[PDB]
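Solute carrier family 22 member 1 bound by diltiazem.
For chain A, we keep the numbers from the PDB entry: what you see runs 19-287, 331-514, in order. Counting convention: from 1, in listed order, for ligands and their atoms alike. Header entry for method reads electron microscopy, 3.4 Å. Note that these values count all heavy atoms, side chains included, but never hydrogens, waters or copies made by symmetry.
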Amino acid sequence: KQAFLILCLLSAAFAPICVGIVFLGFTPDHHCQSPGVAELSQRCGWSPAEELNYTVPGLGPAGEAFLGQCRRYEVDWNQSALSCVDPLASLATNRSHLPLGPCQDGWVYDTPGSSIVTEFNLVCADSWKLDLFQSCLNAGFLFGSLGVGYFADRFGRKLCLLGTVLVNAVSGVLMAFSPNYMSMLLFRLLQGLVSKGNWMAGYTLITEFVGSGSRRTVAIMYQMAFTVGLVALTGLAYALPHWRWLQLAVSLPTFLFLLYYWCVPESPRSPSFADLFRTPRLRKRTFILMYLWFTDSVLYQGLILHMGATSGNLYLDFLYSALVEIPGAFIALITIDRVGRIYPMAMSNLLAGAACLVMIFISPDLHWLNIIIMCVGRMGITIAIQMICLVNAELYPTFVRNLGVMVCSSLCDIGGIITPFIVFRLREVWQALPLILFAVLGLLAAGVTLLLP
Ligand SMILES: COc1ccc([C@@H]2Sc3ccccc3N(CCN(C)C)C(=O)[C@@H]2OC(C)=O)cc1
């Protein structure tokens, strides 16, 4: 067999594109850059933990990290009258009376590597642009979920697949060379236009190469290829501390695999949209399936982004959480053939919602319990997604199955568009608000799931 390994490699290469923002876009601690502070520190011998205390504005009640991240004291540090023990005491009687200003002179990031945030200065006022990086990719997924069918209708299937692979590889390689943010967003959108199209085309091909009597195992293996790709992305991210190097090391393997994938012997081998709603039972099924797809995509992406934004040891937490899918995949494989798909999916959704709810009250120092809860939630959502990827095949007849899959999977992309703004922006108002929303969505999805036959 040759198609199996190469198609699993193709599926594994989709993971760094989808969840790569966790390592390409990490946000280190930062503060306003102020000239003259370096020379004063050299004169006074200030350690980094001492300079970060003397100059950068301190934390207020309940944290309030904004005053240090986006503001600075407008004081002429060049004056020699400043005391080496404490320069702020010679300025004014009260520290709160000193003038305040934005980071006009730049930023200082406490990290040896770099990311898009550290290079394009997507912090404070510009910090809302980081969500746009994922939103553009999800918009590309949404557009490719509808344009790829027409493209493959007007063009040869294998040639269209080859063209999409080539375009994806070229776009991924080109992104690492972007000189500014707008061009990078253009390449991100172009890559997202073809990434999900390639994934679905590979799914269809791998389900065609094996008869309908064994599609489950094939689909589960294709899914676990994504977990293998996540593990490889974690390894590469640990090895390479800069985002351009990681982008090259991610995109290049696909292009080189294209050089080896010229031709293989097994390669060359109307329903109406209104029909889904004219009948009450099918309308109910379509509504429930759309809601479940949206909720599961929101929960999965939100959990990964929250882990990326809040975990204190990102590499090990990502490595642990990624490995839990494989036991989840095996659990799903055992469960489907024995006790059906409805109850297991409902229980997985309930477990995910409960895990989201419990995680709110955990103190920050209990990292060993927080990671266990995160792993449980990830296993729950993984099992739920595995179940829902197979239930759709039964409720829809072959006459309208492909249209139903295309329609239902389109809401996942809208959820992907909405999700970054929920995770990143609502966290400003209250750190527990995204967790509350995720818990509510998970519990509601668990409740509604019982209605499916
Ligand atoms: C009918 O066949 C399909 C297959 C896959 C999907 C999307 S593709 C996607 C895009 C971005 C992030 C994750 C995913 N994964 C992969 C999940 N991993 C555990 C493998 C899904 O399963 C998505 O569906 C969801 C979210 O429920 C839709 C329809």
*State which UniProt transmembrane segments of chain A, counted from the N terminus, have heavy atoms closer than 4.0 Å to diltiazem (ligand 1).*
1, 4, 5, 7, 8, 10, 11
*Per the PDB, what organism is listed as the origin of chain A?*
Homo sapiens
